[PDB]
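Zopolrestat bound to Aldose reductase.
Note that chain A carries the PDB entry numbering, so the residues on display, from first to last, are 1-315. For ligands, and for the atoms within them, numbers begin at 1 and follow the listed sequence. The header says X-ray crystallography, 1.6 Å.
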Amino acid sequence: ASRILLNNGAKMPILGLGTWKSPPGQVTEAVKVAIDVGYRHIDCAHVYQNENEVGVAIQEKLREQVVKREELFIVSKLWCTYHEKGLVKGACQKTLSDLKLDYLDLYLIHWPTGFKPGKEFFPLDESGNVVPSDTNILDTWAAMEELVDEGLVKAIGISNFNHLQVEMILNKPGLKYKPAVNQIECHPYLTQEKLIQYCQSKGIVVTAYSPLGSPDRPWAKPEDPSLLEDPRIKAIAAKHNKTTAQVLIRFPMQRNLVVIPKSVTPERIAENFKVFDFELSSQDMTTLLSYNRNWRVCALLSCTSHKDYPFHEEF
Ligand SMILES: NC(=O)c1ccc[n+]([C@@H]2O[C@H](COP(=O)([O-])OP(=O)(O)OC[C@H]3O[C@@H](n4cnc5c(N)ncnc54)[C@H](OP(=O)(O)O)[C@@H]3O)[C@@H](O)[C@H]2O)c1
Ligand SMILES: O=C(O)Cc1nn(Cc2nc3cc(C(F)(F)F)ccc3s2)c(=O)c2ccccc12
């Protein structure tokens, strides 16, 4: 099936388009092509610096009557420098204005760590350490809850939260809305079995990011493992007469995850969506799980002394 039921009663397309690193001069056409070939979910963020151009594409396809707003599922994230209660609404509204929407289907706390407010997304001290803000996860969560009660967002959730941080919100005193989603890095080198089972056991839907291993990540290094070139995955794909990327996208789907591959290449945008026409076997699934090596695309060194850094913790 194409959508999953969230704990806010709304349905979420299990395939979305990623937009991190999509250049601002190419992402408008990318998103247009994507809606044209079937995508109805777009994953965005303020910090990607391209929400305005994403918005141009959404608005044009709405204007053209290609899709109705109700049929689209638009996700954005609150960046680390806006964790303070007084900054959350304006941050959300900037995102809405740029996307040229009147509401978001889902708004996430992008990372559990609050950073000092300012124009800098990664404010650093003279030694290169990120400068924390003294906000905590629970007060940020209450600010997110207010956005629902103001109708700016239909669903709220979290991203890059470990199981103890998820648990902190679920146990939050006076919790009004549970998180709907936890968006985390997830692929055959970072399989996340424990965090996924915890979240699903609590009726929290998990979205898998970097499902292709983010080959265009700007800190990539030669020695890094490469999913798309892994002979073992290539072989599974060959078995199914599909591309390696198709297998990597279908794998999270079969774990009841949402998956959000990024591309600005029209042929690939289309390729990536043709994943509803084949199945991996249970054996394939366990075999892909066996390639776990606890490897992360996204875990920036300058942030690892933040109190709320999420990846010391086993999960
Ligand atoms: N919550 C967060 O902290 C967080 C963190 C990281 C990512 N995310 C979200 O997850 C999305 C996906 O993750 P990602 O951008 O890191 O990486 P990804 O989707 O794993 O990989 C994107 C890379 O794969 C290439 N590609 C796409 N389709 C391909 C295909 N069929 N065959 C071969 N290469 C293909 C793309 O090239 P072209 O674009 O040149 O086609 C691009 O270089 C992001 O864009 C963002 O929306 C969220
Ligand atoms: O953010 C994206 O969507 C992609 C993303 N990831 N990363 C690696 C990161 N690693 C982190 C670790 C923490 C931490 F919580 F661990 F402290 C907090 C924040 C980050 S950013 C980036 O540095 C980045 C820079 C610009 C735009 C997008 C990103």
Structural location of zopolrestat, copies included: ligand 2
Provide the nearest UniProt active-site residue in chain A relative to zopolrestat (ligand 2) and the minimal non-hydrogen distance to 1 Å. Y48, 3 Å
Could you tell me if any non-hydrogen atom of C298 lies under 4.0 Å from any atom of zopolrestat (ligand 2)? yes
Side chain, backbone, both or neither: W219 near zopolrestat (ligand 2), heavy atoms under 4.0 Å: side chain
Indicate, as side chain, backbone, both or neither, the part of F122 found under 4.0 angstrom from zopolrestat (ligand 2) when only non-hydrogen atoms are considered. side chain
Which residues overlap between UniProt's substrate-binding set for chain A and those with a heavy atom under 4.0 Å from zopolrestat (ligand 2)? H110
Any other ligand or ion under 4.0 Å from zopolrestat (ligand 2)? ligand 1 (NADP nicotinamide-adenine-dinucleotide phosphate)
What residue and atom, counting heavy atoms only, is the protein's closest point to atom 13 (C) of zopolrestat (ligand 2), and at what distance? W111 CE3, 3.3 Å
Residues of chain A binding NADP(+) per UniProt, non-hydrogen atom under 4.0 Å from zopolrestat (ligand 2): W219
Write down the species the deposit gives for chain A. Homo sapiens
Counting each atom of zopolrestat (ligand 2) from 1 as listed, which ones have a heavy atom of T113 under 4.0 Å away? 14 (C), 15 (F), 17 (F), 18 (C)
Measuring from the heavy atoms of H306, does anything fall under 4.0 Å of zopolrestat (ligand 2)? no
Counting only heavy atoms closer than 4.0 Å, does zopolrestat (ligand 2) sit against the backbone of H110, its side chain, both, or neither? side chain
Which bit of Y48 is near zopolrestat (ligand 2), meaning a heavy atom under 4.0 Å away: side chain, backbone, both or neither? side chain
What residues, by chain and number, sit within 4.0 Å of zopolrestat (ligand 2) when only non-hydrogen atoms are counted? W20, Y48, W79, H110, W111, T113, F115, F122, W219, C298, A299, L300, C303, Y309, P310
Measure from every N or O atom of zopolrestat (ligand 2) to the protein's N or O atoms and keep only the pairs below 3.5 Å, writing each with atom names and distance to 0.1 Å.
| from | atom 1 | to | atom 2 | distance (Å) |
| --- | --- | --- | --- | --- |
| zopolrestat (ligand 2) | 1 (O) | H110 | NE2 | 3.0 |
| zopolrestat (ligand 2) | 1 (O) | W111 | NE1 | 3.0 |
| zopolrestat (ligand 2) | 3 (O) | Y48 | OH | 2.6 |
| zopolrestat (ligand 2) | 3 (O) | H110 | NE2 | 2.6 |
| zopolrestat (ligand 2) | 10 (N) | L300 | N | 3.2 |

